[PDB]
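Structure containing quinaprilat.
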Amino acid sequence: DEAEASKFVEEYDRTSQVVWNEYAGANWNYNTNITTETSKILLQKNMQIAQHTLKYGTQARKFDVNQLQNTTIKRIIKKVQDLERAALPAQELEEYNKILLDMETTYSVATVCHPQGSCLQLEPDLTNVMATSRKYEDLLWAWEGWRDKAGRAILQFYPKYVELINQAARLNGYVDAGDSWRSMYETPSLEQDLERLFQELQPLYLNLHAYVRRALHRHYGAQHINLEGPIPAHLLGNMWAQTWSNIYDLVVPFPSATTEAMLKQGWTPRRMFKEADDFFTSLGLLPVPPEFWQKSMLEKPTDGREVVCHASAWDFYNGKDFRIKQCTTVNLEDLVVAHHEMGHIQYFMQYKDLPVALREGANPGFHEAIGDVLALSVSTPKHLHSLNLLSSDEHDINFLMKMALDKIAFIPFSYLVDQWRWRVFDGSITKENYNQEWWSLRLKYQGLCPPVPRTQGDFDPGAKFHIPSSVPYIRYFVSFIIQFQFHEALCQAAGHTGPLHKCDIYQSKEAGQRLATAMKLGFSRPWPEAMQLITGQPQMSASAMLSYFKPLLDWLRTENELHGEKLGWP
Ligand SMILES: *[C@@H]1O[C@H](CO[C@@H]2O[C@@H](C)[C@@H](O)[C@@H](O)[C@@H]2O)[C@@H](O[C@@H]2O[C@H](CO)[C@@H](O[C@@H]3O[C@H](CO[C@H]4O[C@H](CO)[C@@H](O)[C@H](O[C@H]5O[C@H](CO)[C@@H](O)[C@H](O)[C@@H]5O)[C@@H]4O)[C@@H](O)[C@H](O)[C@@H]3O)[C@H](O)[C@H]2NC(C)=O)[C@H](O)[C@H]1NC(C)=O
Ligand SMILES: C[C@H](N[C@@H](CCc1ccccc1)C(=O)O)C(=O)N1Cc2ccccc2C[C@H]1C(=O)O
Ligand SMILES: [Cl-]
Ligand SMILES: [Cl-]
Ligand code: NA
Ligand SMILES: [Zn+2]
């Protein structure tokens with residue numbers, strides 16, 4: 001009985017590794033070569049994994065986990081009881097798989113065209129426009145056009161998607177898909193805990209917002225920026241106004257105090273990933289295997305192939321084959337993304353000897369945080385100078401501002417995406433109100449407004465990758481808080497004293513060992529245990545992020561007071 005459960009999970013593990021390896025292959029092949037042939041093979045392999053999931057999930061529900069003694073086996077069996085989409089009847093499963101493929105393909109191949117002119121793709125063309133253009137009308141063209149071509153094209157699929165993902169969730173014991181997603185944290189108090197974290201970041205965000213709004217007023221003109229109102233959503237350097245540091249040049253605190261350098265000094269996608277690999281091994285963490293260099297797709301193909309560019313990290317479930325797929329551009333932003341992705345690979349490597357059911361991060365935010373922690377150190381002026389990419393309190397404030405434009409601005413954005421989705425999933429937001437409710441949250445949390453009134457048929461959420469790709473978002477909110485807790489702890493372990501923002505953990509084997517111990521746990525233990533291993537305490541806390549940015553909070557409050565700024569908006 002305990003012995004039958006044990007046999008049970010050993011069979012599940014051997015067979016799952018095979019079937020999931022085959023599925024991952026097919027998924028990779030489609031993602032790196034969108035065609036009717038790779039699509040067919042993918043939709044077929046979907047049916048194979050579904051059949052396996054159904055078989056072993058059915059058997060897992062036969063056990064009473066309330067009676068099982070071994071806590072590992074109990075946990076594994078409990079997890080395998082969740083069939084996900086494989087719970088759906090065949091007709092619905094087929095329709096759901098097709099909807100998901102159609103959504104992700106629509107997003108990844110959408111283009112925005114000038115008449116009798118060229119057609120731009122999101123990566124790299126529209127990304128580049130949003131980062132570098134300082135002309136209202138040109139930014140508006142890219143911003144609106146991307147929504148018109150990607151967002152509006154997702155709308156036809158989204159209501160049925162919601163029906164079917166919710167139907168699957170109910171068949172697995174949840175009330176809706178949002179309930180199921182939140183369950184990944186195993187934290188009954190999650191919604192309140194996240195809300196309290198968000199509230200703690202509000203002083204810093206409102207101060208940053210007002211400061212940036214002032215700067216935008218200077219460049220884009222008084223007639224286009226209301227100093228007591230929300231900021232137009234196309235002016236922040238990024239398609240979603242999720243991270244703002246591409247407009248650093250417009251907001252630099254101290255003018256008198258890297259892309260050109262990276263290009264001129266011969267950086268390439270492969271060198272960028274080598275740098276990241278080197279950073280991991282400097283901490284005594286694992287190098288990526290030779291296979292990774294052979295099989296990864298580290299730049300957009302030139303050969304014609306249509307691909308899913310949006311960067312991702314892949315585990316092929318055999319303990320050996322790990323890959324990144326990224327349409328890498330040579331710049332510092334993308335170097336940060338490369339490190340983000342390499343953190344996923346590092347996690348995959350660290351937990352590769354666990355049973356597959358426990359091959360996940362302690363929670364999804366932990367998986368998102370690892371690579372970002374290393375990138376915090378990469379980003380420091382000291383470290384960028386060490387890489388030759390660069391040649392005082394003023395310098396300090398400038399650097400904190402650059403960091404804040406990405407890390408603090410992202411907090412409200414990352415919070416809001418799943419506040420919207422949880423309310424779609426629970427039925428609170430119907431299809432008639434999708435776009436209005438998206439904008440009411442964009443206002444409430446980020447203090448943004450759309451530069452052109454939205455119209456019938458718009459579906460702006462569809463223009464953000466994780467929406468059509470059905471990837472949960474709250475993990476990134478969690479990540480952006482906890483990564484600073486990890487940085488604080490690893491900097492302490494490495495013996496750093498003085499301001500946390502001056503910390504660089506490069507070469508610290510003590511920092512590496514802290515992270516490795518936690519990563520090796522996988523999903524085997526409640527996530528607070530992993531939090532405590534790394535930090536010495538069990539909770540999510542904004543204290544570390546606040547500590548990092550303290551000198552900037554102080555500077556921004558003084559600066560905003562001198563200009564008589566009215567924080568917030570109506
Ligand atoms: C409750 O049961 C758990 C689980 O027990 C194991 O799994 C069940 C299904 C049975 O098959 C049982 O025989 C197994 O032991 C108990 O936890 C285990 O306890 C043992 C003994 O302390 C511990 O042993 C260590 O294993 C470490 C890592 O092992 C893996 O990596 C090896 C080298 O890479 C390799 O030989 C194996 O790797 C494969 O294993 C995965 C699972 O099958 C597979 O998916 C993957 O592809 C891997 O390649 C090996 O499993 C190693 O570092 C140490 O030296 C130890 O020998 C296990 O780590 C531990 N397992 C887990 C998941 O915790 C637990 O003790 C028990 N409780 C009680 C009170 O009885
Ligand atoms: C680049 C990354 N891509 C996802 C891809 C996630 C994925 C999961 C399952 C199937 C396919 C894709 C990731 O690897 O988690 C990303 O989506 N962000 C990281 C990041 C990096 C820098 C700044 C912000 C963010 C958040 C997020 C994003 O860009 O929206
Ligand atoms: Cl939007
Ligand atoms: Cl998540
Ligand atoms: Na994208
Ligand atoms: Zn990630």
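Residue indices begin at 1 and follow the sequence shown. Counting starts at 1 for both ligands and their atoms, in listed order. Computation of the quantities below employed the complete heavy-atom set of this structure, encompassing side-chain atoms and omitting hydrogens, waters and symmetry-equivalent molecules.
- The ligands or chains that make up quinaprilat in this structure: ligand 2.
- Structurally, the greatest contact with quinaprilat is made by what UniProt calls Angiotensin-converting enzyme, soluble form.
- The 4.0 Å heavy-atom shell around quinaprilat contains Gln242, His310, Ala311, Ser312, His340, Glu341, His344, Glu368, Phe410, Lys464, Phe465, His466, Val471, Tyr473, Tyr476.
- Atoms of quinaprilat lying under 4.0 Å from at least one heavy atom of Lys464, given by number and element, are 28 (C), 30 (O).
- Scanning the protein heavy atoms around atom 10 (C) of quinaprilat, the nearest turns out to be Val471 CG2, 3.9 Å.
- Nearest protein heavy-atom neighbour of atom 22 (C) of quinaprilat: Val337 CG2, 4.3 Å.
- Counting protein heavy atoms only, atom 15 (O) of quinaprilat is closest to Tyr476 OH, 2.7 Å.
- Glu341 OE2, 2.6 Å is the protein heavy atom nearest to atom 14 (O) of quinaprilat.
- Most of the residues of chain A within contact distance of quinaprilat belong to the UniProt domain Peptidase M2 2.
- Quinaprilat has an N or O atom lying under 3.5 Å from an N or O atom of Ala311, backbone or side chain.
- Checking distances under 4.0 Å from quinaprilat turns up the other ligands and ions ligand 6 (zinc ion).
- The shortest contact between atom 16 (C) of quinaprilat and any protein heavy atom is with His310 NE2, 3.6 Å.
- Taking every heavy atom of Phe465 and a limit of under 4.0 angstrom, the matching atoms of quinaprilat come to 12 (C).
- Within quinaprilat, the atoms closer than 4.0 Å to a non-hydrogen atom of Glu368 are 15 (O), numbered from 1 in the order shown.
- Protein heavy atom closest to atom 30 (O) of quinaprilat, with residue, atom name and distance, is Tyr473 OH, 2.6 Å.
- Atom 23 (C) of quinaprilat has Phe480 CZ, 4.2 Å as its closest protein atom, hydrogens excluded (heavy atom only).
- For the pair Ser312 and quinaprilat, the shortest N or O to N or O distance does not fall below 3.5 Å.
- Of the protein's non-hydrogen atoms, the one nearest atom 29 (O) of quinaprilat is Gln242 NE2, 3.4 Å.
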